[PDB]
Chemist: 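Just downloaded a structure that has glecaprevir in it.
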Amino acid sequence: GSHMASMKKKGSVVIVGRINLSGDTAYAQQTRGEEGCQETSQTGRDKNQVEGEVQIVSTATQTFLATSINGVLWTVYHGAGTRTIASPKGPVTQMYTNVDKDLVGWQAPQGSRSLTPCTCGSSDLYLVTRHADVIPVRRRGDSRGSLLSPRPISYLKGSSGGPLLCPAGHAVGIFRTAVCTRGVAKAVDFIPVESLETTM
Ligand SMILES: CC(C)(C)[C@@H]1NC(=O)O[C@@H]2CCC[C@H]2OC/C=C/C(F)(F)c2nc3ccccc3nc2O[C@@H]2C[C@@H](C(=O)N[C@]3(C(=O)NS(=O)(=O)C4(C)CC4)C[C@H]3C(F)F)N(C2)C1=O
Ligand SMILES: [Zn+2]
């Protein structure tokens, strides 16, 4: 509009949970409910303890994932836009933004753990979803991989920003898009970890 004094400000991305991969079982944990998420988005002040590599994140209108690799919390631009992330000291500005790669990054929150970029050159990958499903994916190109067991896109919705990992648990990529036939996701496209390492 033309009245700057009443123009609104978009809130921060807020960590609302995590995918726990510490033990023998992968499972999602929620760490903040909808009400606290809304307040934290407006203030940008998040005093909750952060743990793990894969965070569940939310805005006022979307929920997706964010993954720490080499001390950067990475996610997709189509989820985060240019938004700050909430942190204990106030909103934190993105350190990386690349709409051409559908990629953004913030400094990894204190308490998080980072994945190591994969150097194995392995093509047997594993996609981790927001429901803590571990989905075998065969790498088919620099940025594409096929699901060994296709499933409706509904099962992958909300998992952009999640990791594809190698057999050793290294980060190979950041889940970006699905490739579907009749609503069934047969393959995925991801931001390769090398494209991250270049951005850095
Ligand atoms: C048909 C389809 C499956 C919906 C779509 N496929 C598709 O486009 O495939 C083509 C063919 C192979 C590569 C790809 O080239 C196009 C590149 C798209 C892009 F990624 F570069 C992208 N750049 C943007 C930049 C600025 C603003 C918006 C942008 N929007 C984009 O893509 C958009 C969004 C992305 C998305 O849905 N991601 C996921 C997800 O969970 N999101 S999310 O968490 O729910 C949520 C929306 C909250 C954040 C993983 C897939 C889940 F559902 F499985 N899209 C559309 C798709 O996957
Ligand atoms: Zn590896």
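Numbers in chain A track the PDB entry; the residues on display, in order, are 980-1179. Indexing begins at 1, ligand by ligand and atom by atom, following the structure's order.
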Chemist: Do you know where to find glecaprevir in this model, all copies counted?
Modeler: ligand 1
Chemist: Please name the chain that forms the largest contact set with glecaprevir (ligand 1), as given in the PDB entry.
Modeler: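 By most contacts, it's Non-structural protein 4A, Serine protease NS3.
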Chemist: In chain A, which UniProt domain contributes the largest share of residues contacting glecaprevir (ligand 1)?
Modeler: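 Mostly the UniProt domain Peptidase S29.
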Chemist: If you take the nearest heavy atom of each of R1155, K1136, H1057, which one is closest to atom 53 (F) of glecaprevir (ligand 1)?
Modeler: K1136
Chemist: What atoms of glecaprevir (ligand 1) come within less than 4.0 Å of a heavy atom belonging to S1138?
Modeler: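 Per the distance check, 41 (O), 44 (O).
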Chemist: Got the closest protein heavy atom to atom 4 (C) of glecaprevir (ligand 1), with its distance?
Modeler: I1132 CD1, 4.5 Å
Chemist: Within 4.0 Å of atom 56 (C) of glecaprevir (ligand 1) (strictly less), any protein heavy atom?
Modeler: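 So atom 56 (C) of glecaprevir (ligand 1) lacks protein heavy-atom neighbours under 4.0 Å.
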Chemist: Relative to atom 23 (N) of glecaprevir (ligand 1), which among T1108, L1106, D1081 owns the nearest non-hydrogen atom?
Modeler: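 When every heavy atom of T1108, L1106, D1081 is considered, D1081 comes closest to atom 23 (N) of glecaprevir (ligand 1).
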Chemist: Which of these, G1137, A1059, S1133, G1140, has its nearest heavy atom closest to atom 41 (O) of glecaprevir (ligand 1)?
Modeler: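 Considering heavy atoms of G1137, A1059, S1133, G1140, the nearest to atom 41 (O) of glecaprevir (ligand 1) sits in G1137.
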Chemist: What protein heavy atom is closest to atom 43 (S) of glecaprevir (ligand 1), reported as residue, atom name and distance in Å?
Modeler: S1139 OG, 3.5 Å
Chemist: What part of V1167, side chain, backbone, both or neither, has a heavy atom within less than 4.0 angstrom of glecaprevir (ligand 1)?
Modeler: neither
Chemist: Considering only heavy atoms of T1042, which atoms of glecaprevir (ligand 1) have at least one such atom less than 4.0 Å away?
Modeler: 44 (O), 48 (C)
Chemist: Which residues, given by chain and number, touch glecaprevir (ligand 1) within 4.0 Å on a heavy-atom basis?
Modeler: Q1041, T1042, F1043, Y1056, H1057, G1058, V1078, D1081, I1132, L1135, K1136, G1137, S1138, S1139, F1154, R1155, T1156, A1157
Chemist: Do any nitrogen or oxygen atoms of glecaprevir (ligand 1) lie under 3.5 Å from a protein nitrogen or oxygen, and which ones?
Modeler:
{"unit_1": "glecaprevir (ligand 1)", "atom_1": "6 (N)", "unit_2": "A1157", "atom_2": "O", "d": "3.1"}
{"unit_1": "glecaprevir (ligand 1)", "atom_1": "38 (N)", "unit_2": "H1057", "atom_2": "NE2", "d": "3.4"}
{"unit_1": "glecaprevir (ligand 1)", "atom_1": "38 (N)", "unit_2": "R1155", "atom_2": "O", "d": "2.8"}
{"unit_1": "glecaprevir (ligand 1)", "atom_1": "41 (O)", "unit_2": "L1135", "atom_2": "O", "d": "3.4"}
{"unit_1": "glecaprevir (ligand 1)", "atom_1": "41 (O)", "unit_2": "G1137", "atom_2": "N", "d": "3.1"}
{"unit_1": "glecaprevir (ligand 1)", "atom_1": "41 (O)", "unit_2": "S1138", "atom_2": "N", "d": "3.4"}
{"unit_1": "glecaprevir (ligand 1)", "atom_1": "41 (O)", "unit_2": "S1139", "atom_2": "N", "d": "3.3"}
{"unit_1": "glecaprevir (ligand 1)", "atom_1": "42 (N)", "unit_2": "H1057", "atom_2": "NE2", "d": "3.1"}
{"unit_1": "glecaprevir (ligand 1)", "atom_1": "42 (N)", "unit_2": "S1139", "atom_2": "OG", "d": "3.4"}
{"unit_1": "glecaprevir (ligand 1)", "atom_1": "44 (O)", "unit_2": "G1137", "atom_2": "N", "d": "3.4"}
{"unit_1": "glecaprevir (ligand 1)", "atom_1": "44 (O)", "unit_2": "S1139", "atom_2": "OG", "d": "2.9"}
{"unit_1": "glecaprevir (ligand 1)", "atom_1": "45 (O)", "unit_2": "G1137", "atom_2": "N", "d": "3.0"}
{"unit_1": "glecaprevir (ligand 1)", "atom_1": "58 (O)", "unit_2": "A1157", "atom_2": "N", "d": "3.1"}

